[PDB]
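Heading - ceftazidime (bound form) complexed with Beta-lactamase
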Amino acid sequence: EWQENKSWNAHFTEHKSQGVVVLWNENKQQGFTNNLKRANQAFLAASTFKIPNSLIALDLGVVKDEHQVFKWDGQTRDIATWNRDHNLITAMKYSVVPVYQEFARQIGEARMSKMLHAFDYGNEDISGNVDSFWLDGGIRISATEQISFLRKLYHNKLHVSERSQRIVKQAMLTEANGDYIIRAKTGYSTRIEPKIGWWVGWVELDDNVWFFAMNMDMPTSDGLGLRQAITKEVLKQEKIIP
Amino acid sequence: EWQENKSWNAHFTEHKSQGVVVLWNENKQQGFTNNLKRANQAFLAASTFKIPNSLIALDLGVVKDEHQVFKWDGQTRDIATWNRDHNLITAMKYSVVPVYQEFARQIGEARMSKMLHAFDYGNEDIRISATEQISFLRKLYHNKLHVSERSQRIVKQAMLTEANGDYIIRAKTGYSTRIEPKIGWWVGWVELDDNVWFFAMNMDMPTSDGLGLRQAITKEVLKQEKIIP
Ligand SMILES: *C(=O)[C@@H](NC(=O)/C(=N\OC(C)(C)C(=O)O)c1csc(N)n1)[C@@H]1NC(C(=O)O)=C(C[n+]2ccccc2)CS1
Ligand SMILES: [Cl-]
Ligand SMILES: [Cl-]
Ligand SMILES: [Cl-]
Ligand SMILES: [Cl-]
């Protein structure tokens, strides 16, 4: 069912890095990874938690639609793009943490936890600050656990409205051309060791969907582009994209 | 409300071509075009019709959703990408006429004519102008058409054409050669962080080798107006 392809490691070593890529061929229900053990190692979800946090917020009406504006609170923050108004689309594109902490507080522990148990999401543990548990709280999720969650999202199978799932898959739009469509969220876990980078989503082809989840050691923010670059080297190595 | 910017004509004649491009800045609610007369001329919609058709099919049930598989009837047509199975996403992409022909049969004239008239589409008794395309497209963007929100969302999904960290383009191509003038279309919009530019262009397409120019000339104009890099 799974299959180890350690060749992929050359892409991590080329860039002097370490991590795991996990691929899943929907048509052939076959997974692939350079490291089956690390594929199942659970880390903080960091901003990949913005997928489930969007779904819940939309489904509870915290977010009415992807046009609703969330005004900047006027607190200038190290991340220049955080210091403006945002709707769901730009908030996900630019991982606007404070916008989603506010979603989190309006959701509340109770519903947050109930929903993560409905979603089957990683270790389902929200314990910590309701508005930071995904950065420095209890929640743990592995790459293969990201793929099970995303596959459900992709078939409108989560226990929230079809519309909610449709609007979140829209906000995940990352890349589209005439060979593929990538829908995906980045993560950068940096408050608790180990420092890692996430990239989770999937690539849509004419006649298949390839779901991916990768994470990798991220000591300094200089390697943040490697998250996507190494994934695509794998996808390009496996002929999923040209 | 409509400014003529004849400067754009150079993007047409550098490619030894004649046409119109129509832009609509949505924030400011102002449009701009290289040719005001040609922007209100109605040409054959050709495949740009696949948009209202997709909506009606969806909102009626001919199409359950964008995953449903429309199997090839085994008849080999000259466009190779038609000679296979397709879903809404790939039938819009490849402009698979015989798939859409079938949608329309199952929709049937009566229902089709009633809805086309509810969208106030092309003619009220198909030809439509570049500026009528924009106006239809703006309602689609805001989910203001008289079909379900779901209908409208799935069609915008199926209109996805290009996306990066500078813009998203949702659009549909069109090409007709039965009748003069032979015209290509490209209609849709480009989404920015805090604005959305609708576009509609058409151009004399006297052969076919210049089909890429529908997209190329449109981007040269978006590039000029600083809307995209
Ligand atoms: C879209 O507009 C479709 N156009 C047609 O199918 C053509 N004619 O339709 C008639 C009946 C004439 C009409 O008025 O609608 C047609 C295609 S080629 C030719 N000599 N007549 C599809 N047009 C698109 C497109 O937007 O360009 C096609 C994409 N394509 C083009 C060239 C080669 C392969 C694929 C296919 S048809
Ligand atoms: Cl979050
Ligand atoms: Cl909803
Ligand atoms: Cl989309
Ligand atoms: Cl379909």
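Throughout, protein chains are lettered first and strands after them, A, B, ... in sequence-line order, and every chain is numbered starting at 1. Because only heavy atoms are used, hydrogens play no part in the values below, and waters and symmetry mates are left out as well, while side chains stay in. One-based numbering, in listed order, for ligands and for the atoms of each. According to its header, the structure was obtained by X-ray crystallography, 2.5 Å.
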Q) Where in this structure can ceftazidime (bound form) be found, counting every copy? A) ligand 1
Q. Which other chains have a heavy atom under 4.0 Å from ceftazidime (bound form, ligand 1)?
A. B
(Q) Any idea which residues from other chains are within 4.0 Å of ceftazidime (bound form, ligand 1), non-hydrogen atoms only? (A) B/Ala46, B/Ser47, B/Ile79, B/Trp82, B/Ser95, B/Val97, B/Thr173, B/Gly174, B/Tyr175, B/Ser176, B/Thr177, B/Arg178, B/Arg214
Q) Can you find an N or O of B/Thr48 that's nearer than 3.5 Å to an N or O of ceftazidime (bound form, ligand 1)? A) no
Q. Among protein heavy atoms, which sits nearest to atom 35 (C) of ceftazidime (bound form, ligand 1), and what does the distance come to when rounded to 0.1 Å?
A. B/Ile79 CG2, 4.0 Å
Q | Distance filter under 4.0 Å to B/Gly174 heavy atoms, resulting ceftazidime (bound form, ligand 1) atoms | A | 2 (O), 26 (O)
Q | Heavy atom of the protein closest to atom 28 (C) of ceftazidime (bound form, ligand 1) (residue, atom name, distance) | A | B/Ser95 CB, 4.6 Å
Q. Quick one: nearest non-hydrogen protein atom to atom 1 (C) of ceftazidime (bound form, ligand 1), plus distance?
A. B/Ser47 OG, 1.4 Å
(Q) For atom 14 (O) of ceftazidime (bound form, ligand 1), what's the nearest protein heavy-atom neighbour? Residue, atom name and distance, please. (A) B/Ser176 OG, 2.7 Å
Q. Which of the UniProt-flagged active-site residues in chain B is closest to ceftazidime (bound form, ligand 1), and what is the least heavy-atom distance at 1 Å precision?
A. B/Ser47, 1 Å
Q) Would you say atom 5 (C) of ceftazidime (bound form, ligand 1) touches the protein, meaning some protein heavy atom is under 4.0 Å from it? A) yes
Q.
Looking only at protein heavy atoms, which one is nearest to atom 32 (C) of ceftazidime (bound form, ligand 1), and what is the separation?
A. B/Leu211 CD1, 4.0 Å
Q. In the entry's source annotation, what organism is given for chain B?
A. Klebsiella pneumoniae
Q. UniProt beta-lactam-binding residues in chain B with a heavy atom under 4.0 Å from ceftazidime (bound form, ligand 1)?
A. B/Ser47, B/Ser95, B/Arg214
Q. Can you tell me which residue and heavy atom of the protein come closest to atom 20 (N) of ceftazidime (bound form, ligand 1), and the distance to 0.1 Å?
A. B/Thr177 OG1, 3.0 Å
Q. In the deposited model, what is the covalent attachment point of ceftazidime (bound form, ligand 1) (residue and atom)?
A. B/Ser47 OG
Q) Among protein heavy atoms, which sits nearest to atom 16 (C) of ceftazidime (bound form, ligand 1), and what does the distance come to when rounded to 0.1 Å? A) B/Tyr175 O, 4.0 Å
(Q) Check this for me - ceftazidime (bound form, ligand 1), B/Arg214, N or O atoms closer than 3.5 angstrom, yes or no? (A) yes
**Q.** Distance filter under 4.0 Å to B/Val97 heavy atoms, resulting ceftazidime (bound form, ligand 1) atoms
**A.** 6 (O)
Q.
If you measure every N or O of B/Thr173 against every N or O of ceftazidime (bound form, ligand 1), does any of those distances drop under 3.5 Å?
A. yes
Q: Return the residue, atom name and 0.1 Å-rounded distance of the protein heavy atom closest to atom 29 (C) of ceftazidime (bound form, ligand 1).
A: B/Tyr94 O, 4.7 Å
Q: Any atoms of ceftazidime (bound form, ligand 1) less than 4.0 Å from a non-hydrogen atom of B/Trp82? List them with their elements.
A: 36 (C), 37 (S)
